[PDB]
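Structure (with oxacillin (bound form)).
Residue numbers begin at 1 in each chain, while the letters A, B, ... track the order of the sequences. Read the numbers this way: they start at 1 and go in the same order the structure lists the ligands and their atoms.
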2 protein chains.
Amino acid sequence: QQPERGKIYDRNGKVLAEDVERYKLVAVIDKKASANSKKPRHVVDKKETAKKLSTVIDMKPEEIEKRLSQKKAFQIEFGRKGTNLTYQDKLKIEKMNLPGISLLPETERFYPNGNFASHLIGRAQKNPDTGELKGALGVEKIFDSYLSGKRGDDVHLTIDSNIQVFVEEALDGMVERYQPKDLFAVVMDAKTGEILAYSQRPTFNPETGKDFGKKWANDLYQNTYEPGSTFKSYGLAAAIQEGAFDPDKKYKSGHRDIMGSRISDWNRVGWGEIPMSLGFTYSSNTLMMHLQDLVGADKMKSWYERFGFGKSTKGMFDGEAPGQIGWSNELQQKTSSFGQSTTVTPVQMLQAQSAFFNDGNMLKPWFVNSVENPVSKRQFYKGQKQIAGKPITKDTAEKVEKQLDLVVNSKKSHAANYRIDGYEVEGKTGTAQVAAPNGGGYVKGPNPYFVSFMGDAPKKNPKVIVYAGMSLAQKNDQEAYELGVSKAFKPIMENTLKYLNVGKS
Amino acid sequence: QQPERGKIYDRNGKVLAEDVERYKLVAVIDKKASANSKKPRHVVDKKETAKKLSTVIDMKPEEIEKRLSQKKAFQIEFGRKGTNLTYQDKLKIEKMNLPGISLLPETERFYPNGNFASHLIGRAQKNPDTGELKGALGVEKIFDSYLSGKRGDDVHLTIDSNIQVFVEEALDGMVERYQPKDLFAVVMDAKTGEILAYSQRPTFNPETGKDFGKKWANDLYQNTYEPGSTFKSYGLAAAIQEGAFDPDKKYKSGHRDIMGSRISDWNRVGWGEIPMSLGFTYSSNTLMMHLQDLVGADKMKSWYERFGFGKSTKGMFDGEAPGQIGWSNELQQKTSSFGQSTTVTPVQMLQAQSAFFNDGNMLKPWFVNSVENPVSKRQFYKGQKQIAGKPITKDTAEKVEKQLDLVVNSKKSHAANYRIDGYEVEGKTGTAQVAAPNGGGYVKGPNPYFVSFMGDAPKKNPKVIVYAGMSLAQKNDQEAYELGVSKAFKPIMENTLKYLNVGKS
Ligand SMILES: *C(=O)[C@@H](NC(=O)c1c(-c2ccccc2)noc1C)[C@@H]1N[C@@H](C(=O)O)C(C)(C)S1
Ligand SMILES: *C(=O)[C@@H](NC(=O)c1c(-c2ccccc2)noc1C)[C@@H]1N[C@@H](C(=O)O)C(C)(C)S1
């Protein structure tokens, strides 16, 4: 009855989701089925049958024999344990030659990679009455009308399964090491905006349904973060274009007094009068507050808006969050300079960061390559590189890139743990407090931080941008503070560059 | 924090869904927390702590101490058993005065009635990071833009919790008795189209989440059925208005031969030359095929479209199914005359049935009374009675009602099991085969039927229409065939009529 639901593909044609035939176990227990037959067509020994069935379906013989003993029933099924059985399960059941036992073909949605870009691909759910499948999250839901049928259309993603494996492995390592409450990593083509890989933790397995529903939100498009100091790059860009930033000019570091709050550099005492470039390498908060004064508060708010913040990127993901620029008072304004109070989505961060490597042009990130029917060959949609806006000049973009280089590679860098032997890396570190969901403060604890890194490589002319973020390590929180996401950035970026044939040296 | 999510109300202002404060259990286990303190601020006695917590949260003391022994962790939590704790649990944990133990407030979505109109109300799921709630099904999803905030708007439904209680209890009894694969009942105000009660089985509990996801489809709006002989009332109305049906005129019963299929009256042999009125009371299939010949197949197809079949009712529910009139050959056309091949939604059946009690006007069924903000008092939406179309004259409607009376109350009735002592009832029975999801044909088995009853009372001038359907009884399938859904219709209708102050005779 149901039309075949279309497939979801990665950018090289690997199947990410497709319909398959599986099998459901049925046991006829009524004698009436065997009235006309010499060999029985119903279960004659319920105990032996239960014992043999327990060697295939995940159910104890005692529960099977209980289900076989239901009164006033012609045939029985075994709930979830008796459905979605494989062809090999079917073979071993059938070789037992158990009277009354058969297997019914049923259509199931199959995700060949299991837990793999799960919050992007989503999950399609089955209506048992009809077999009708309906997407409940991500691409399966966004494109449900196209995917469902004739035959539904296929959706091709920009995701590269080879790069996605690197991301899934690195994120597993972060879970083991740090048990964070939230975790994401994303890899984008620095020159086109294509999402090459995306994952988050915790997540679900779309194949089995394990943990589906425990977190509805996709981190890339629907979750918001106070970004911390990765956000300083946009304040730097603005201050550069306005002439307030001079890399060699000195400024007074240490602290600033804003509406009765002491906002200090991370070492409390500062470094005296130091060049602005060094302050950016040190990730000086007083530098950013100084530059905001020089530019002017009204102008800086417009600057963050021109970089796309506070607005949806208008991607094809459902319910994209807008974030919010925290600007309601001077304290909010000043803390926004280093990525506190303001909330962003990771996709806004990627869009904004792409400006520095595309002559000032922001690229709209995208992950849908095409929607098209393989039978009719109709192309309903084709993704493309699109400029989201040009907030800065090419000259400003280069001067920002020079400072991002210094953050990682300066002889005074405090981010050398993001270096990769053989490759040149650049980017910006972040450590931020995390808003408590309930009650009006920050999560309390020894190191209750969202730590992140917006990185790109090769430096100056990158092939990819890799952004990774970790919220609230429940294990090794002190090291999470010290090393940030470097134990995820380094395996993802190194393997990705090798796979993209970037020569090491 | 998140704005308060708006409430879902029943028609009398009873809360169906609301935000509440609950509590999450946290245990600080690292000694470092107690460095400066005159009282320990971490769990010092792991066994005494675990033993005492087991008297509140539902966990074995051995498991609790296992989690208290996690290494390199400042504090731990206790999974699902440790969240959604009540204010009373908070009191009981706190008088225990356990060092290191506190409770964090969290906002949860509370459904005070538990498993109650679950497939209509739906469920909102929580993002652990932010506390943000998002509707995943039903009203919570449909109106999620309104419900989420300030404060979200409230949604008021037409549902009456008192009638809804009757439906839930009756459906539980049908599950206990027949263990059907699918089951629904709906109660509609016969003069306004308001849905006073709706339930289905199997379903989920929106409070706990138990079984949420096993069936995405709301039976009323999204599931389709081959209705069986309840569909005959619309062919009857057509034949009346076209002058083909005359209650006293004779016709030849027995069987008909259509494209190599023998279609018989239910007793195989028929009853000879009998009055058309009696044929309709006996639920004669040959009567309906004869009337279709008399009207003409092209014209009958237009008749069903005029009753709203094959098209969505344009209700407020997402993804409403349109169904389909099966008309592609004479076999489909003839089997459609008695409700096979054509598929309908229950809401189309209610809409079509309302014509007989509103002088030929179909009423568009509706379940949303209001969407409105309790703070601003802005009314975003107000539901109302709306005519879906007038397919028949008042004269035709009266003549149909006379035949519906006879089905139940004729001295030759085969539906006397739908009678209610003290109340006058009318309606139409149905028994239909069920299409197999995979492979062609119908579900096989001794009595593999969708059985149903489209009823209304008091007869002629009803207060409510009650439509109940049961697909594929897995227990007592013989009784399901004999009694249909009478064991649900009678308690629902009787209790509803008493609750609505209809006096019994
Ligand atoms: C940007 O992220 C900046 N971070 C903060 O000032 C900051 C902190 C903090 C935590 C621990 C020690 C000092 C400060 N908590 O919330 C915020 C917003 C600077 N950059 C960071 C980085 O990781 O590069 C730091 C730690 C150097 S401070
Ligand atoms: C309408 O529902 C009609 N039903 C059928 O003819 C029918 C059957 C069937 C099942 C069992 C015995 C005889 C027929 N299977 O599929 C169909 C479409 C008539 N009305 C029914 C009713 O309950 O009123 C019956 C059983 C009287 S036949």
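- The chain sharing the greatest contact count with oxacillin (bound form, ligand 1) is, according to the PDB entry, Penicillin-binding protein 1.
- By chain letter, those with a heavy atom nearer than 4.0 Å to oxacillin (bound form, ligand 1) are A.
- Under a 4.0 Å non-hydrogen cut-off, the residues that form the binding site of oxacillin (bound form, ligand 1) are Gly228(A), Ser229(A), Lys232(A), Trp266(A), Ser283(A), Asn285(A), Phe338(A), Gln340(A), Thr429(A), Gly430(A), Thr431(A), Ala432(A), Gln433(A), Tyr449(A), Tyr481(A).
- Geometrically, oxacillin (bound form, ligand 1) and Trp266(A) share no nitrogen or oxygen pair separated by less than 3.5 Å.
- Between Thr431(A) and oxacillin (bound form, ligand 1), a contact under 3.5 Å exists for at least one N or O pair.
- Source organism (PDB entry) for chain A: Staphylococcaceae bacterium.
- Close approach to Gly228(A) involves these atoms of oxacillin (bound form, ligand 1), each under 4.0 Å from a residue heavy atom: 2 (O).
- Looking at oxacillin (bound form, ligand 1), you won't find any N or O of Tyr282(A) less than 3.5 Å from one of its N or O atoms.
- Using a 4.0 Å cut-off to heavy atoms of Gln340(A), the atoms of oxacillin (bound form, ligand 1) that qualify are 18 (C).
- In terms of polar-atom proximity, defined here as any N/O pair under 3.5 Å, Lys232(A) makes no such contact with oxacillin (bound form, ligand 1).
- Bonding summary for oxacillin (bound form, ligand 1): covalent, to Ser229(A) OG.
- Taking only nitrogen or oxygen atoms, main chain and side chain alike, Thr429(A) reaches within less than 3.5 Å of oxacillin (bound form, ligand 1).
- Atoms of oxacillin (bound form, ligand 1) lying under 4.0 Å from at least one heavy atom of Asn285(A), given by number and element, are 3 (C), 5 (C), 6 (O), 19 (C).
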